[PDB]
Protein chains: 2
Amino acid sequence: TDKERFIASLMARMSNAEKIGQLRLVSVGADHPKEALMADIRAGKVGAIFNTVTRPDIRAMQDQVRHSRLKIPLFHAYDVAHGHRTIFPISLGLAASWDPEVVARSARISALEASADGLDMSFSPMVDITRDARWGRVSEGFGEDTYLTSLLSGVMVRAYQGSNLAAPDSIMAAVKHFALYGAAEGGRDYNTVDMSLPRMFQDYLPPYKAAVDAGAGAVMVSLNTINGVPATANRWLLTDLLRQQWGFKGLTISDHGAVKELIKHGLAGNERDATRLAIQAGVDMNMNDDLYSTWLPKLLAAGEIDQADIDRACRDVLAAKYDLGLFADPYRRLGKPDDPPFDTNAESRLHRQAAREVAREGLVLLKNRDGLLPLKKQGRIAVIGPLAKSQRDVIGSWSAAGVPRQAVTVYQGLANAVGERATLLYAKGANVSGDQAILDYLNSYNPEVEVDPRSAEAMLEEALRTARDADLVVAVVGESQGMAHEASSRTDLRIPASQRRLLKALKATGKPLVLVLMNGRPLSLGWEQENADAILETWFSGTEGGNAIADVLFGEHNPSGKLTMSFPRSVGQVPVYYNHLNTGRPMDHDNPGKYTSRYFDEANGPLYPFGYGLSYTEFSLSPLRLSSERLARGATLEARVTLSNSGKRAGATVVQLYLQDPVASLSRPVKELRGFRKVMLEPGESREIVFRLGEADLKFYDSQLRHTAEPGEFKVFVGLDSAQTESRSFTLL
Amino acid sequence: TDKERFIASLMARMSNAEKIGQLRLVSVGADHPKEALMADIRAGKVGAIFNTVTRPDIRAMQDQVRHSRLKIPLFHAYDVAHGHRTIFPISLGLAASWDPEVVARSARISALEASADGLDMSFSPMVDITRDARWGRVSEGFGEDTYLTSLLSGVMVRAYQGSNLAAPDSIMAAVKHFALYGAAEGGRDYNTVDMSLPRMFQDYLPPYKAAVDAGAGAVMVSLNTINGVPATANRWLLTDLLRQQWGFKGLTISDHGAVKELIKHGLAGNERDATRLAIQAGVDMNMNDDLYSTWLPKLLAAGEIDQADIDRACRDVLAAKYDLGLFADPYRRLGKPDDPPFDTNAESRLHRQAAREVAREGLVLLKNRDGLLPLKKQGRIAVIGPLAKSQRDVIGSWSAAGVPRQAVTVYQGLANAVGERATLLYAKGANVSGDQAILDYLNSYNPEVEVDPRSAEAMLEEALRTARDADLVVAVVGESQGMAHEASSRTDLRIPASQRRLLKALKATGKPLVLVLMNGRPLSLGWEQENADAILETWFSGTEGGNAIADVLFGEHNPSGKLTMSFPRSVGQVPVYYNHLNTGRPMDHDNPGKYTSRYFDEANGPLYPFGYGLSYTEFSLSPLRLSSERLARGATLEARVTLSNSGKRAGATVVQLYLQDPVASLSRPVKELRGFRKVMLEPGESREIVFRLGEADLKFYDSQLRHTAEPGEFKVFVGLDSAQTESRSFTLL
Ligand SMILES: OC[C@H]1NC[C@H](O)[C@@H](O)[C@@H]1O
Ligand SMILES: OC[C@H]1NC[C@H](O)[C@@H](O)[C@@H]1O
Ligand SMILES: [Mg+2]
Ligand SMILES: [Mg+2]
């Protein structure tokens, strides 16, 4: 192959200093001042940059490469999680679209905008399975389901990379965080992960394998222990599974300071030993801590590592740079040398219409009493709450190069929608938290949350007056983006107390109460489900979020979002997830018993189940029909249902197919998602939906990690959520 | 062996109907009316009885055996968890004594009283490791620590069984629940258990192995899945581990309906298949569901099981009956019918003095502002709260044949202590819950909780009046015993809301506030720790609990209890446990950082850590001294410290020794308990404490379950709790 000969030929000319230099991944900042970094690039001591994100800045780095002996080009990476400049909903919101094409569009546009600024790589997609709502990084994933997350994992990779990694509108996908990062004990970030191999193989690993199989060029290794072994030192995970079993041929990248952290994990007593563990486990590239550059020469000289460990890692970095086209033209994403200067943040370089259309699809209607929604554009509308005018929160956590001043707030979305037809009245009502320590945490690094100097009582008095002067209240409440963020684990899943006090006070006005929720995690909403007139889940909906939200509230878009993560009744029920085991003593709702698996001091089950979301119309399903009672090995089974819009407005819903294996060599879940179809229907319109199932859909990992479909009964469920299904049985032969 | 020959010789004369009859374990109930059961005993269709617990009732069962062809004697079993008639503190409270001799005494007296009533066996000790306070069965274990629970597991078995299982003051120990029952996901009873084999072998399995190694005659198999396989169907657990690797020679007993529940777990489509899975996994004896008696003949006839499966199970039952002496004399625990009559419940048959002395040892002083405790016997003492006059709650869950009317309430204990020297003023103050649905749940089977018909406001008004004219308030608050019980999982770890409203109202009177907590699980006590003057944790202290509690409150006993389970600040922090891993990013208490493993919305770490407990005196430790800096393989290390009573009152504390292995092939806990010494000291008295460490204390299970000690540094910590330690290092060679 031309590639392996080109790289072998280059590596033949390289010193070990230069080979080791290729493994170093750094960003400009206090740890690495710009001038020292420029010198290191010229010395061949830098392989890649992260957090340098504009054409002039990236050109200036790539210009330093020209001064190096071998002129090996840099690659430039960034956290393009859910948009680059045009910010789409957070991934948890994108997942709620239940539309691979909507997700692909957000990823395609992200890659286009990032590559347009000179970037070659995103640290995305994040594909960690999340069953614990306390974890601040649940916003970054696709929810609790292995099938949906695996599917969207593949979609994100393919959308980012396109048909050619050398294309100037493509970037390389570095799938993260390999592995199991979202199972952190207590939902505390960075915390211990401990799980059985059958659960690991069946539920948590498939999304990373889906990204590898979609051709992801890079894998970012996680910060957590797996069964006592940090992923960064886990040769089983990075060599035996990722390379030998899965056949991954690309680049492994450490997370930030992950190699040095092997000391705190207690796998290493010093930096030299930590360095040896990471490179021999199969970590190619060393983020920020510089341990590889410091210790690899001494390890090699001493015979503590092999030349083959350095060569493997170096070949992987050069092979990434080759696939990205950077050996053909290191300026392929940076334009021509006499291109005129331009404003990186020009309105003309955004994709607002795409962001607005994508953002509409993820909004989930959780409650709508007496058809209060959609609203009429008339009278007086009170817009109340600390998130109503927040540009910083609507773009969410991991907002990349998104500019808060360019974002549309919920307030501005309503003003754009009503024009002169209605009067909008604003009141802040409350600070995002009443706890000064939480406000100081959120404002610790930068001013992220505006702290109103009024007393809580004064802000409430203004909100009650505003509400009393309106026909209805749109309360814009929930989390600031810093509350659903790396290292922001919550012990309380409710709306913050300052905002719940505001909601209780607004009920005293007797005005219809619409809640617009902004949040990066499932919330506990028992009070709200009892007391609010309508509830719209908007996650953090991005740059055009306010416009998409007004589109739903005024009925231009019929809410079509469905949850991809169960909403617990309280943090005391964590974890709750739809695909749980039956136990030997399941709750019997027809014959309730004390001696069943349940809590006695709270209603059982999630407040809102996986796949739940309402519409402004009604939908019906015909009885489920299977193509046969028996399925021969290697044949496919057809499951058929007719969906009807039995209401008065056009709208979409999601037909969900679930499977149960009720008798197996392992206890298998009560249901597992195995298919879905999002369908848009006119009033009175019907569509026949056909699902195809084969052996592949019936397999599970048994006690001995055999991936097998066992003969016997399977139950097929079809429904518009995980809770309201009809089922039919067949036998596998 | 005479034993093997006796059993072989009996089994030679037995039909398969009789062999199968030996496996049937039943109790009188709706499922098995007394007379049907008596007829079955006469027909040789019953192997053993549970929940028949008096000499006349057991004599009548054993009398029926005479009518059967082979006259094989029954054994009789019961849940003697923490006392038979004289009720000791719940196991969680017994553990807090940190005194193996106090635990052995409670077990010895339990076996004495149980055997005196005719019982041969207890379904005890319960030795499940518990890290999740939501689980209702936490009360039945010894807390979160593998070393302490394993130690006490051994102590309970040896105290029950004595030097001879045929002794009429001995019973057989059936250690439960094998295995991992207390790691239930969500702390929901009966729920999924999923963990790595290294965590399983290092932390959760050793207590069951400790009971096997102490010579436990029986093992009760748990109701939960382990990594997807119900324990009842788990051939790896019951045959490979328990029989071949651990060398257990005794009897395996299913939990209640566990065999039939294999259908609900989804391992079996029918009773016949469930029966086959349980007997071939290695379950000898079938509790209540009668599947063995129904299906084993058909399974054998059809060649679905071997004769060897029936013979193995039958030999194990006959071998237990042999060891219990029942073939020598089936009436050895039952005296003779012409014996002088006695009342089963006679005061003369109780052990009140032992119960009072044992109960003093487990009480944990959690707070004592400005030396409010101990109280003087003078003035006016308001005794307020729904647990003040509760006889049913002081004896706790699994109270066996304990008679509530024989128990000493906290109120009666204070009356007994003060005589005419002080005036006691009572007010109920609140019901145990303000939620009528929780009260109805607690009163579902029997009247367990007295519901005052007065409004919450009327009871508060009376309590405030009582408080107003007293010198101080002893608030007796917490859980009823039915809240910390099999199948009573909580989503809230606080004192119930009706009682917290009462505490806030009492705090507002400005009167000194002493909290006497009754509870079967760790509670979240943030408000109480901030606001109460003194807090005494009494668990459920048993038959003499009120007397032991008054002994501590008036200073006759200097509180010496220490926690064996971490108290979380809230249910949102679950799990918290002292022997956690460091992570790559631990909270730094000298330099707190956002990007650490923590919550942002609540103070971090437990409110009260493992090993915490105050005294009415103060104690000092001299610097820790190790016998050498290096330890040779097979040598023992000595760790020496001097403990002093530096205060004015005699009292006991517990010197705790912890070990850390800071560099290993797995990430190892920050600390692990490896020794302790409870020491009683006069004011100004000193004692030299010497701990011995060898290789056995330094070993751990690596990723491949190699059990060895790796050469390198170990850190030794000594202190009066897990949080406040001094450390010294040595090197293993
Ligand atoms: O920002 C770079 C890198 N740092 C930290 C995060 O854990 C990861 O998600 C991100 O890609
Ligand atoms: O009472 C019989 C048996 N049933 C249920 C419990 O799980 C166990 O602890 C007890 O021994
Ligand atoms: Mg099956
Ligand atoms: Mg070591």
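Below, read A as the first sequence line, B as the second, and so on, with proteins coming before strands; counting in each chain starts at 1. Order of listing sets the numbers, starting from 1, for every ligand and every atom in it. Values reported hereafter were calculated over all heavy atoms of this structure, with side chains retained and with hydrogens, waters and symmetry mates removed.
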Drug at ligand 2: 1-deoxynojirimycin
Largest contact partner of 1-deoxynojirimycin (ligand 2) in terms of the PDB entry: Periplasmic beta-glucosidase
1-deoxynojirimycin (ligand 2): other chains, heavy-atom cut-off 4.0 Å: B
Heavy-atom contacts of 1-deoxynojirimycin (ligand 2) within 4.0 Å: B:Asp79, B:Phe123, B:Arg137, B:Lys176, B:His177, B:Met220, B:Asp255, B:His256, B:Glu486
Under 4.0 Å to a heavy atom of B:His177 - the qualifying atoms of 1-deoxynojirimycin (ligand 2), by number: 7 (O), 8 (C), 9 (O)
Numbered atoms and elements of 1-deoxynojirimycin (ligand 2) in range of B:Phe123, under 4.0 angstrom, heavy atoms: 11 (O)
1-deoxynojirimycin (ligand 2) to B:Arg137 polar contact by distance, N or O atoms, under 3.5 Å: yes
Shortest protein contact, atom 3 (C) of 1-deoxynojirimycin (ligand 2) (heavy atom only): B:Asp255 OD1, 3.4 Å
Contact atoms of 1-deoxynojirimycin (ligand 2), heavy-atom distance to B:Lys176 under 4.0 Å: 8 (C), 9 (O), 10 (C), 11 (O)
Under 4.0 Å to a heavy atom of B:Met220 - the qualifying atoms of 1-deoxynojirimycin (ligand 2), by number: 11 (O)
Atom 2 (C) of 1-deoxynojirimycin (ligand 2) - nearest protein heavy atom and its distance: B:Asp79 OD2, 3.5 Å
